[PDB]
Number of protein chains: 2
Amino acid sequence: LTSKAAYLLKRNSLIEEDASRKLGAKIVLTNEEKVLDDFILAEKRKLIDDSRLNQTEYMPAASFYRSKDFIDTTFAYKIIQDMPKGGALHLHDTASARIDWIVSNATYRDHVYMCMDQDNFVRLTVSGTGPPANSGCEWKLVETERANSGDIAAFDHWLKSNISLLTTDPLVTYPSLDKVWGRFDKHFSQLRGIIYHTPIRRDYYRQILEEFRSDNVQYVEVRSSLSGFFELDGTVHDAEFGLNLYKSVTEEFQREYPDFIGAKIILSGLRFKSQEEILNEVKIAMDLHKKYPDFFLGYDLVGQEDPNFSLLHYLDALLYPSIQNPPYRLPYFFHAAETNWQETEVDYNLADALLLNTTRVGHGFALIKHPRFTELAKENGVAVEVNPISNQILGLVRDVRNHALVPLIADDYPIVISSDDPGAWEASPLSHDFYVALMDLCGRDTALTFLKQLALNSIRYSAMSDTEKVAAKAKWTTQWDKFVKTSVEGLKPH
Amino acid sequence: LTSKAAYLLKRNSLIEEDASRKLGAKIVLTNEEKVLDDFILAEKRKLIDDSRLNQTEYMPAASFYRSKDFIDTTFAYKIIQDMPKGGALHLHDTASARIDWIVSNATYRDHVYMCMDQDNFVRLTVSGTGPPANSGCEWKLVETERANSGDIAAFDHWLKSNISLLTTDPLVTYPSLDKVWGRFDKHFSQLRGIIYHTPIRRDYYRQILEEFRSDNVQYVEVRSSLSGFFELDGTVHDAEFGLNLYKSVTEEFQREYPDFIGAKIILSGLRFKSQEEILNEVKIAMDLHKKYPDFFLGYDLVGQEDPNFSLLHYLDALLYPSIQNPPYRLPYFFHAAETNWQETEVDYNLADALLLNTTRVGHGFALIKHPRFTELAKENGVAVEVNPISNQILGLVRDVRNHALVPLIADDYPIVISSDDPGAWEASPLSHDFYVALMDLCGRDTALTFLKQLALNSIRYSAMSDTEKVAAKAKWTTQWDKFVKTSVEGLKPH
Ligand SMILES: *[C@@H]1O[C@H](CO)[C@@H](O[C@@H]2O[C@H](CO)[C@@H](O[C@@H]3O[C@H](CO[C@H]4O[C@H](CO)[C@@H](O)[C@H](O)[C@@H]4O)[C@@H](O)[C@H](O)[C@@H]3O)[C@H](O)[C@H]2NC(C)=O)[C@H](O)[C@H]1NC(C)=O
Ligand SMILES: OC[C@H]1O[C@@H](n2cnc3c2N=CNC[C@H]3O)C[C@@H]1O
Ligand SMILES: OC[C@H]1O[C@@H](n2cnc3c2N=CNC[C@H]3O)C[C@@H]1O
Ligand SMILES: *[C@@H]1O[C@H](CO)[C@@H](O)[C@H](O)[C@H]1NC(C)=O
Ligand SMILES: *[C@@H]1O[C@H](CO)[C@@H](O)[C@H](O)[C@H]1NC(C)=O
Ligand SMILES: *[C@@H]1O[C@H](CO)[C@@H](O)[C@H](O)[C@H]1NC(C)=O
Ligand SMILES: *[C@@H]1O[C@H](CO)[C@@H](O)[C@H](O)[C@H]1NC(C)=O
Ligand SMILES: *[C@@H]1O[C@H](CO)[C@@H](O)[C@H](O)[C@H]1NC(C)=O
Ligand SMILES: *[C@@H]1O[C@H](CO)[C@@H](O)[C@H](O)[C@H]1NC(C)=O
Ligand SMILES: *[C@@H]1O[C@H](CO)[C@@H](O)[C@H](O)[C@H]1NC(C)=O
Ligand SMILES: [Zn+2]
Ligand SMILES: [Zn+2]
């Protein structure tokens, strides 16, 4: 009737037309699921409106250092903690478990040594033939140092404080992409000596499995170098040994916990190695994918993407599987366009990843800046592994609401949410990144369809076979319905 | 043939396909324009590669406070300075001239008083009836304080410092959207008393025109309140008086400088006023658009959009022109979705703006987050006024390379670059925002086709009639050809 009423009808048409395109709009919720969705929506909308109208800071989009405790004090984070989120498809094996486990378990073992390097960073290693040979760092046995500390708890807390990235605010202590990446590489060099010892590495991978299961994540796809596992006698094993160790741990864990879906491993090489070495690693990946077709997925090039070699620089090595007669199909999981640049060597790695038939693309922070690349990656079914906390800390974004992949989420783009390296910055396996996605990557009228669609895409866009995908969806559905029923009974009066 | 060569063919075909979607990709440059583009590209690529590979900060992406002098020492900024950029379609009348003009001219006039308010901010006013009526701050003539100052240059520089937003780094001293918006409103309240005096306002608008012509901008569309211009006797004039004053100044300026295209005015109301006041402003805008259709353009709601009323909240007043018999078509230039939020009232103001047949959208920072809104605006031809430095300073973004509208640039969306309030933060009329757009909003292989497309879209998406647009483009083409010829003769060896 009224021109105002006709305008409002057209407004509802347009707004529904726009808001139905977000990822997860296809989700239909049962009444109990709607109860949980309303529970989450109330808190999220209260926070959004309090920040917007009272003109106060929106903590969910703040630095994870400052917002971590705040997140830990919200009811919705408890809901997400109890929620089974499916799979974490983008992880690195050396920083996916608590640093506290390394401090309280690994550095308590025999022959574990420490030393303060030239940069005032603690380094931990394992050497069975007495103190290790090094003059650039004065090595002291950790047992004697802990005994001499007097206060053992303070010593362990300091040991975690000199290793963790969250001891101070990374956005302040390392206020540049270069500085924070230097701190990240320093963290890895600190943990390299001790974490590559074979027993400690096996127990650390076991801890990765346990911690991700406890956070109600049932499936993982872990990137690992797989080689360099050493013993007290000095023996250094090849990548196949590491793959077999991971496989045995995973099979034992699956035997213990039937609710767990499992784990699969991707081989990661470095973006600054010689093309000869990268070709050697590609050949190793081909052999391991042949010999272990169900557990070994493929190959990936990791390391800081801006200052190191491009995908094209390794092109020969990456084309070696395809030039065979018959051609061999080696899957890829490229980190691509993890950069703030445009039309450079870094973000144009997206073209290489798409042309090399990559299974998934890590980050894709510059993907939105390339229209045809986005279209082609969506058409081919290449999902994007978005790691919001990783992208904030490692210098890509500062306000998480300004993340580059938010519009792609709002237009139903194939995406999964993962943590990259959770342990380095003291983050939960997937619930903290899920909370960040819920509070920063979707609109005010989006609470639970988004999270359930992320949980579904973590299985759909995994590397599992179709039969494995169906079985994994069955297990995840069992856990999800159990969680929904328990939460609703815990919140709904009777 | 060669697998490497065939892959390279596919890769270059894909990259050409993707990079042709960018704004201005269809621009064809003459050989002289190619020389200028090569110079700009060399400078830009040097900066980009030095920042990326040597791991040093990319200064153009930093805060305008820190990067201002660095920009002032580049060759590309010199070229942009000499370049006629067309028009500035997003300006505000009280902050489109240098603060130095107010300090060195206006506060040297008679009847000008000053006071330090309770926030230690200098406020300037004009009172022809002795000391000003307000006693909350002791009003003293600027002449007396300048006399007692000792160093007059230091006194005037302190005036500019207490007035300007760029005296300190706003991203540090006001590290919140709300705090920096408070500083912006404080700046406006500082200059309100003196800038609304009729002679000073007239000369300030004249100075706006002069400064924008000096920076090779030939056309402007300025948003103004147009009402409240007062005299020494206390007479307060209506919006028609101020509009006619602007029109007379513009006609005189056009007569003096034939190379100038001209100026047109938009009526801006504040989005926190009463609905009755906004309705009366809409009626006044209708009357002024009827009486001065060639000089008066339309209406716009300005002011901080996050904590104030939405476009829907004013729906009655906004639908008043269309409900008449016959319906009246009042053009709109709504500031829309200048926010980091999603699926809230602020960014859903885009739906109201689109349904109200807005000519252009101011900022539209969250437009990319809404796909159907972007598509519908693209179909309807609604351009977006991108003000990069304003979006950085006022708290929307920190790294300009993470600007939300960069992907829309890369997919050829209708946009025009402007400055919002340049004089507020010591920015050149349009050259600085153009340099920021060049170095932050387009790829490494994009220098001059982008800038020429910006200049062309500035004329296509103006409010000028179809007959006036051809003549405006003729003037701009004359100036552009002179600029290209002179710059090439100054750089080309022959
Ligand atoms: C990424 O995946 C792509 C799709 O699987 C790969 O492209 C495919 O590469 C395979 C193996 O090299 C090609 O299959 C062979 O093609 C040729 C020629 O047959 C075709 O061409 C002739 C004339 O052009 C035509 O008459 C035929 O009907 C075929 O169309 C023969 O040697 C073999 O019989 C065999 O079929 C595919 O043609 C090709 N597909 C496409 C769609 O291009 C690509 O190599 C993969 N890249 C990587 C890095 O793994
Ligand atoms: O296995 C350890 C190595 O992994 C890299 N690495 C670890 N996390 C990431 C890495 N590389 C690239 N992108 C960011 C993030 O996904 C670096 C480290 O030396
Ligand atoms: O006429 C002056 C008033 O205009 C507003 N104003 C001026 N510039 C802007 C404003 N508000 C909204 N968006 C950002 C920017 O474009 C506030 C100021 O008090
Ligand atoms: C703003 O804060 C007050 C108290 O500080 C609170 O009552 C009010 O609900 C808040 N506004 C919103 C929108 O949450
Ligand atoms: C590590 O410890 C040293 C000395 O104990 C201290 O000075 C230094 O700041 C610490 N570094 C980090 C990164 O915690
Ligand atoms: C460390 O944890 C492993 C299991 O991961 C356990 O077997 C071992 O006993 C622990 N070590 C210590 C010293 O408690
Ligand atoms: C990096 O710095 C070196 C010297 O410090 C210089 O020669 C080079 O041109 C710089 N830029 C690069 C490598 O892009
Ligand atoms: C200020 O500018 C006006 C207008 O250009 C000029 O007439 C006047 O002389 C200037 N100086 C003053 C008022 O001191
Ligand atoms: C303004 O001046 C006062 C005193 O001269 C000073 O304390 C204050 O910090 C200044 N404020 C700004 C915003 O420059
Ligand atoms: C917008 O224009 C269309 C025709 O172009 C008209 O039907 C519609 O009523 C207009 N809406 C408004 C709000 O002016
Ligand atoms: Zn990663
Ligand atoms: Zn504006």
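The chains carry the letters A, B, and so on, in the order of their sequence lines. Note that chain A is numbered according to the PDB entry, with residues 28-521 shown in order. Throughout, chain B uses the PDB entry numbering, with the displayed residues spanning 28-521 in order. Order of listing sets the numbers, starting from 1, for every ligand and every atom in it. Determined by X-ray crystallography, 3.3 Å, according to the entry header.
- The name given to the drug at ligand 3 is pentostatin.
- The name the PDB entry gives to the main binding partner of pentostatin (ligand 3) in this structure is Adenosine deaminase AGSA,Adenosine deaminase AGSA,AMP deaminase.
- In contact with pentostatin (ligand 3) at heavy-atom distances under 4.0 Å, by letter: B.
- The site surrounding pentostatin (ligand 3), defined by heavy atoms under 4.0 Å, contains B/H117, B/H119, B/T121, B/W208, B/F211, B/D212, B/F215, B/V329, B/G330, B/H362, B/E365, B/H390, B/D447, B/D448.
- With a cut-off of 4.0 Å around pentostatin (ligand 3), the other ligands and ions picked up are ligand 12 (zinc ion).
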